[PDB]
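This file shows Carbonic anhydrase 2 complexed with indapamide.
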Amino acid sequence: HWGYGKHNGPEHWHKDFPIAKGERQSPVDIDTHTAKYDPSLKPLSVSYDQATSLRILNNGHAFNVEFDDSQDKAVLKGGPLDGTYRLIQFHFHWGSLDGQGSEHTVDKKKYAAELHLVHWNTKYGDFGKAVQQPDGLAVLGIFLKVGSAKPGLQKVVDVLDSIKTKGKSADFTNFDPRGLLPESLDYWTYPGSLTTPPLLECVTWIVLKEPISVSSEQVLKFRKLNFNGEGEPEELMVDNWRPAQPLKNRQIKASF
Ligand SMILES: C[C@H]1Cc2ccccc2N1NC(=O)c1ccc(Cl)c(S(N)(=O)=O)c1
Ligand SMILES: [Hg+2]
Ligand SMILES: [Zn+2]
């Protein structure tokens, strides 16, 4: 099944998942000079005060912090979005080297990594029904750069030990995702897709302009994770990122 290697990577996904070549695929290059400041766009509202994390899983491509999403607690609304969207999970995409890893790029610039907080549209009942809808998901993309430690990431950094290999999960309660946000909520927005298979075209993307900084030691630990399961030849979880895809007529809008 799919991966990020020479024989199962992004260039191979289209065969099992035809939509890999579809009309609204992610990620894309954000051409900052072509993106249009949109005044019809209400301010963003990120409300993570009640967010209830349950666990962190190595899924064989990334690790997911998962959230209790059967009540309205950690919610995204405002900006490009109509109604409310509930936080289901967060995860990252990173490189082997500081010079790559982000999925979205900004005037062709690849950041060291990118965080996705994944939210689903409440009017659709649950995650599984939302991903059948064109406005089913909202993902908040946040860029990572290597510099100072991000304090609010360190609790994730240290549990990674427990979930080195594919399949492993660990209890991960009381994590506050607010720690992971930059100061400014300025963003770009476009209609797009999951960046992994099934690659469903159900996402409103909201990519924040201001990266967070993480430390070199922080990113390094990310890179100690494994693509293989326990007992297998060791493939190191690096370069788990899809490259930029064709914009295709679509317009990216700036919130600023
Ligand atoms: C392990 C698989 C299986 C699965 C099931 C439900 C939700 C996410 C999810 N997975 N992982 C993802 O990384 C994922 C899910 C949704 C999205 Cl919107 C994205 S992403 N990369 O467009 O932000 C990733
Ligand atoms: Hg969809
Ligand atoms: Zn992602």
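This chain uses plain numbering: 1 for the first residue, then up along the sequence. The deposited model was determined using X-ray crystallography, 2.1 Å. All values below come from the heavy atoms of this structure, side chains included, with hydrogens, waters and symmetry mates left out. Whatever order the structure lists them in is the order used to number ligands and atoms, beginning at 1.
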Provide the full list of ligands or chains for indapamide. ligand 1
Against heavy atoms of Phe127, which atoms of indapamide measure under 4.0 Å? 6 (C), 7 (C)
Any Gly128 heavy atom less than 4.0 Å from indapamide: no
Nearest protein heavy-atom contact for atom 15 (C) of indapamide: which residue, which atom, what distance? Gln89 NE2, 3.8 Å
UniProt domain of chain A with most contacts to indapamide: Alpha-carbonic anhydrase
Do any N/O atoms on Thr196 end up under 3.5 angstrom from N/O atoms on indapamide? no
Distance under 4.0 Å to a non-hydrogen atom of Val139: what atoms of indapamide satisfy this? 18 (Cl), 23 (O)
Measured between heavy atoms, which UniProt-annotated Zn(2+)-binding residues of chain A are under 4.0 Å from indapamide? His91, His93, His116
If you restrict chain A to its UniProt substrate-binding residues, which of them have any heavy atom nearer than 4.0 Å to indapamide? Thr195, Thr196
Numbered atoms and elements of indapamide in range of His93, under 4.0 angstrom, heavy atoms: 21 (N)
Would atom 3 (C) of indapamide count as contacted, meaning some protein heavy atom under 4.0 Å? no
Organism in the entry for chain A: Homo sapiens
Which residue supplies the protein heavy atom nearest to atom 24 (C) of indapamide, what is that atom called, and how far is it? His91 CE1, 3.2 Å
Would you say atom 6 (C) of indapamide touches the protein, meaning some protein heavy atom is under 4.0 Å from it? yes
I want to know if indapamide touches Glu103 in the polar sense, i.e. an N/O pair below 3.5 angstrom. no
Shortest heavy-atom approach to atom 22 (O) of indapamide - which of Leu199, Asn59, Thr195: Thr195
Nearest UniProt active-site residue in chain A relative to indapamide; least heavy-atom distance to 1 Å: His61, 3 Å
Among all the protein's non-hydrogen atoms, which is closest to atom 16 (C) of indapamide, and how far away is it? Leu194 CD1, 3.6 Å
Which nucleotides or residues of neighbouring chains are within 4.0 Å of indapamide (non-hydrogen atoms)? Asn59, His61, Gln89, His91, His93, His116, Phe127, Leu137, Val139, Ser193, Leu194, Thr195, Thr196, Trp205
With the criterion set at N/O pairs under 3.5 Å, what does the list of contacts between the protein and indapamide look like, atom names and distances included?
residue    : atom   : partner : partner atom : Å
indapamide : 21 (N) : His91   : NE2          : 3.4
indapamide : 21 (N) : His116  : ND1          : 3.3
indapamide : 21 (N) : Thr195  : OG1          : 2.9
indapamide : 22 (O) : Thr195  : N            : 3.2
indapamide : 23 (O) : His116  : ND1          : 3.1

